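Entry below: contains farglitazar.
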Amino acid sequence: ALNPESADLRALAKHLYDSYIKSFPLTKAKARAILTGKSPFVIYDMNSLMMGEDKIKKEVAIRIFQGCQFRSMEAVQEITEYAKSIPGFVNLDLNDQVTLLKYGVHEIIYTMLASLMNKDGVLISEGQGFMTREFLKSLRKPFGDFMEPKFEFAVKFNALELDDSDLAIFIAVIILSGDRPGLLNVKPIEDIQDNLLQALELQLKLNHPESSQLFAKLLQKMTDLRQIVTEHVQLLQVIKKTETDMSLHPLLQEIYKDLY
Amino acid sequence: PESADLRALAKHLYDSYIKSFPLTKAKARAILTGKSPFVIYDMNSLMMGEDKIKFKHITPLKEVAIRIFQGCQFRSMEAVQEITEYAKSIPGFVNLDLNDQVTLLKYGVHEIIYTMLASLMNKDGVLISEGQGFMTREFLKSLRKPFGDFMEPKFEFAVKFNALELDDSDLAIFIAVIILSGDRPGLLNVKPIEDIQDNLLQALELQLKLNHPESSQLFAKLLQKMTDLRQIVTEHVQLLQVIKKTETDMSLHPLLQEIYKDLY
Ligand SMILES: Cc1oc(-c2ccccc2)nc1CCOc1ccc(C[C@H](Nc2ccccc2C(=O)c2ccccc2)C(=O)O)cc1
């Protein structure tokens, strides 16, 4: 049964889920309800892309690219606000706070993007729209190659059948990674992650009692996220050099500076 | 009962680990602490170090860096067969689809090699030639062109990895976990693999709780290290592509080119 130590871990899991709901406006729970049948407008081609711009709201390979960078900056702001709620984070060296965010945000972005994905497409614009995976992979130049790695990860990640209360702790574990390059004081970070890892283990045991070694299987997914990011950074360098008229927003540019 | 089988699995893998890998971490540790090894710290000590068995573990008919690289390839070829033997001792492995056995080894051996290489490293150097020698980290970093950043990423990993203070009994299970990875490309029947890895993970968790009762969340921390290994390995493959392209010897014996078809 529960015991003073495991009780403290339940309170932490409760606090993190709470802050997650407050920081992220589109939960997995809402995303799943939308995807499994309010209904979204579906963008699968050129004309439907124009019908949708009116219903929800090449220059088109560029309009999708910049929809995805505007999106990703919103997520960084949400993640940064969530990070403040992880007990101990705001007390860390401000420079290590920046480093942990710089290296953590994209691994979290792709974790949470999976919540909005099924094998056929991804929800957009707060779930008012749904853009098909075939439409995205049909884009020209390198733009058709960007979103396919994410779908591949999402389909396998989603088979773990995690809910928002599990993910709230998992993304906190991600942020508080002591191996990040350039961290000045690793021990206080590792102490916090030790506590989050304990909280996640108990959460998964209680929330998925029939799911053997879910904890370990989830931790192994950090390998797939790390590879998605480095693959993405490389594609962005290509876009930069081939499309000298396109703009990368200073926030994402600074996150990617001297990353790996 | 279930714990009994998990302890029997751990003991079985340990026993098989001892039989397949001659230089254990325990033995390497003792050497690295205190028959002292011949130390190779510069060009002259390397030349004098024919105890590195370079005429044997390399072909006659070259510059230092190339010859060292060829020596590491010979060592990796040896390790691949030790790892292969060990894999066949893992319960369930040989009963897998034979194509899947080949795929698991092909994509697993680089991860295993650099995990076990850490057993032979401290922050200042690495044991070589069955632990009879010791090549310093500074010397390797001093090699020209692409060869100077061959080993340094592995040292960085080994320093982090060794702070976990695993022993051979722990490492035996960990290595089996790596081999039974169901996400390797081209696998034909993922289910039995993930079922076996599930069992190995359970055995690893119990082993670490009994062997390191005071070390909080060591299981989780060890699993997170697989993220670093994978980045170590991808980086390493790209460097071999720069070497294969730029340091080609067109006089190289064609059979030696078939023997080293895969570079490690
Ligand atoms: C797939 C999609 O589309 C829309 C959308 C399109 C038009 C209008 C409104 C929305 N929302 C979503 C879901 C968000 O899906 C996301 C996908 C990726 C990211 C990470 C972000 N990538 C970019 C950062 C800058 C510019 C482009 C990208 C890309 O990821 C990209 C995507 C396709 C082609 C080329 C590049 C990064 O910084 O790493 C965030 C959200």
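Each chain gets a letter, A, B and so on, in the order its sequence line appears, and its residues count up from 1. Recorded method is X-ray crystallography, 2.1 Å. As the structure lists them, so they are numbered: ligands from 1, and atoms in each ligand from 1.
- Going by contact count, the macromolecule most engaged with farglitazar is what UniProt calls Peroxisome proliferator-activated receptor gamma.
- The letters of other chains with a heavy atom under 4.0 Å from farglitazar are A.
- Of all the heavy atoms of A:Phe146, the ones lying under 4.0 Å from any atom of farglitazar belong exclusively to the side chain.
- Farglitazar lies out of reach of A:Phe70, whose nearest heavy atom is not under 4.0 Å from it.
- Atom numbering of farglitazar starts at 1 in the shown order; those under 4.0 Å from a heavy atom of A:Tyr110 are 20 (C), 39 (O).
- Here the shortest heavy-atom distance to atom 29 (C) of farglitazar, taken over A:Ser247, A:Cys68, A:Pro142, belongs to A:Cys68.
- Below 3.5 Å of separation, one finds no N or O of A:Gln69 facing any N or O of farglitazar.
- In this deposit, the organism assigned to chain A is Homo sapiens.
- In terms of polar-atom proximity, A:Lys150 is not counted as a contact of farglitazar, lacking any N or O under 3.5 Å from an N or O of the ligand.
- Residue contacts with farglitazar for A:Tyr256 involve side-chain atoms from C-beta outward but no N, CA, C or O (heavy atoms, distance under 4.0 Å).
- For farglitazar and A:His106, the ligand atoms under 4.0 Å from any heavy atom of the residue are 37 (C), 38 (O), 39 (O).
- Interface atoms of farglitazar facing A:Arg71, defined by a heavy-atom separation under 4.0 Å, are 14 (C), 41 (C).
- Under 4.0 Å from farglitazar, not a single heavy atom of A:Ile255 appears.
- Heavy-atom proximity to atom 20 (C) of farglitazar, evaluated over A:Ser72, A:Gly67, A:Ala61, A:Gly121, is greatest for A:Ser72.
- Among UniProt domains of chain A, the one with most residues near farglitazar is NR LBD.
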